[PDB]
Amino acid sequence: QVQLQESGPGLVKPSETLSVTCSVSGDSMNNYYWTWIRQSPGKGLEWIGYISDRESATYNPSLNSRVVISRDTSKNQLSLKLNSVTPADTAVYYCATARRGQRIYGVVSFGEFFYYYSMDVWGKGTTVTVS
Amino acid sequence: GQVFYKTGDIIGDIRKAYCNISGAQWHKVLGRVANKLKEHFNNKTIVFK
Amino acid sequence: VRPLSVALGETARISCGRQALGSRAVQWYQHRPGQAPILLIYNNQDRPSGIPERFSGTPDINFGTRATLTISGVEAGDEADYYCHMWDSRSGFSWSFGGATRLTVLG
Ligand SMILES: *[C@@H]1O[C@H](CO)[C@@H](O[C@@H]2O[C@H](CO)[C@@H](O[C@@H]3O[C@H](CO[C@H]4O[C@H](CO[C@H]5O[C@H](CO)[C@@H](O)[C@H](O)[C@@H]5O[C@H]5O[C@H](CO)[C@@H](O)[C@H](O)[C@@H]5O)[C@@H](O)[C@H](O[C@H]5O[C@H](CO)[C@@H](O)[C@H](O)[C@@H]5O)[C@@H]4O)[C@@H](O)[C@H](O[C@H]4O[C@H](CO)[C@@H](O)[C@H](O)[C@@H]4O[C@H]4O[C@H](CO)[C@@H](O)[C@H](O)[C@@H]4O[C@H]4O[C@H](CO)[C@@H](O)[C@H](O)[C@@H]4O)[C@@H]3O)[C@H](O)[C@H]2NC(C)=O)[C@H](O)[C@H]1NC(C)=O
Ligand SMILES: *[C@@H]1O[C@H](CO)[C@@H](O[C@@H]2O[C@H](CO)[C@@H](O)[C@H](O)[C@H]2NC(C)=O)[C@H](O)[C@H]1NC(C)=O
Ligand SMILES: *[C@@H]1O[C@H](CO)[C@@H](O)[C@H](O)[C@H]1NC(C)=O
Ligand SMILES: *[C@@H]1O[C@H](CO)[C@@H](O)[C@H](O)[C@H]1NC(C)=O
């Protein structure tokens with residue numbers, strides 16, 4: 001089963017590198033992708049970077065495209081390298097599941113399919129705040 | 001009285017026109033055509049470009 | 001941010017305000033305040049796991065129909081928010097999660 005456990009420092013000084021990790025237990029390598037979510041400042045769900053299985057970068061433009069995020073799978077961690085932090089993104093980070101689906105409505109050979117994702121299991125999260 | 005008809009926005013999904021050809025039947029017909037052309041062309045190897 | 005929805009356990013059926021364009025792959029969600037939420041449907045039809053069959057979604061046949069979600073027998077989970085994550089071809093990669101439906105109730 002999928003078990004989540006957030007591990008964040010909590011208190012970090014501004015304009016410094018960050019490192020926040022989550023855990024997933026008993027899971028394969030390339031079965032599904034990895035993502036992150038933020039309900040923080042009590043708003044609608046906001047999307048944050050979702051890395052692929054090959055350490056890629058295609059992230060939400062609506063932050064700054066600022067945070068470099070997890071790839072490493074040494075034993076079990078997802079390390080978030082956030083540089084040049086600002087109080088405007090004080091948040092709690094949830095470690096969620098990312099998977100990719102495919103829907104076709106025409107000729108596949110014409111390059112007409114789009115890619116849609118689904119987020120099954122989400123994490124608990126640990127409150128991280130800037131000073 | 002001059003009414004001009006123009007293409008508006010494509011409602012729904014957007015698709016491109018295409019034509020479907022039965023591959024097996026088309027290939028068989030093309031092979032028969034090549035075989036019948038060979039006699040007219042001294043049994044040369046017929047190639048379509 | 002418009003206060004909306006339904007209260008006091010008389011039920012209804014809600015639909016997000018996005019117009020059905022192109023091809024729709026909607027995923028309803030059960031909000032959970034303070035902890036992990038759960039998605040309701042994916043592919044608009046296929047039930048994720050052990051979900052009661054009152055949570056069905058409209059089929060994508062004869063395009064032109066709206067995306068409607070049916071509910072009844074509500075818990076605090078249903079009392080939480082509903083989100084309309086719509087996946088569409090012509091809109092490209094839909095970043096927005098959809099409108100939020102916050103259930104405000106007072107006895
Ligand atoms: C010239 O030649 C060309 C050849 O190149 C030819 O191109 C063809 O064009 C037509 C259109 O003109 C194309 O038709 C489309 O085909 C799509 C694909 O169809 C297949 O796949 C779907 C989906 O199946 C996946 O998911 C289900 C459920 O999860 C699984 O059970 C499946 O195993 C499969 O999952 C696999 O794939 C996943 C993704 O990779 C993997 O993750 C997974 O692990 C699996 O590996 C099937 O449903 C289809 O089955 C239907 O057809 C078979 C064979 O006839 C029937 O036996 C069966 O009963 C079904 O009828 C098929 O296998 C279609 O998705 C697409 O249809 C959708 O849209 C139309 C509207 O346009 C709807 O009416 C229709 O219902 C479909 O909507 C469903 O799906 C969406 C999105 O998923 C849902 O949101 C929606 O609610 C709806 O779900 C409901 O209906 C389903 C229908 O059965 C049902 O299964 C659901 O459970 C639910 O009830 C459309 O028809 C075709 O692809 C082109 N072919 C090629 C090769 O390009 C061209 O036409 C020719 N020209 C002329 C003029 O002839
Ligand atoms: C071509 O461009 C014009 C102008 O950008 C588009 O007209 C706009 O259409 C939208 C809705 O389709 C309206 O909300 C705007 O008010 C229109 N603006 C003007 C100036 O007319 C037109 O739709 C475009 N063509 C297509 C096929 O999309
Ligand atoms: C074209 O349509 C006919 C009948 O509608 C069908 O028998 C035939 O297989 C179609 N052609 C192809 C290439 O599928
Ligand atoms: C072409 O036709 C002639 C006459 O029937 C025949 O002798 C010849 O072998 C044919 N060519 C080939 C390559 O078979």
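A, B, ... follow the sequence lines: proteins, then strands. Residue 1 opens every chain. Partial entry; contacts are within-part only.
- Of the candidates 10-1074, AZD1061, JMB2002, STAR-0215, AZD8895, the one located at chains A and C is 10-1074.
- The chain with the most heavy-atom contacts to 10-1074 (chains A and C) in this structure is named in the PDB entry as CRF01_AE T/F100 HIV-1 gp120.
- Residues of chain B in heavy-atom contact with 10-1074 (chains A and C) under 4.5 Å: B:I10, B:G12, B:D13, B:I14, B:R15, B:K16, B:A17, B:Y18.
- A heavy-atom cut-off of 4.5 Å gives a paratope of 10-1074 (chains A and C) towards chain B made up of A:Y105, A:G106, A:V107, A:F110, A:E112, C:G22, C:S23, C:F63, C:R90.
- The PDB entry gives chain C the name Light chain of 10-1074.
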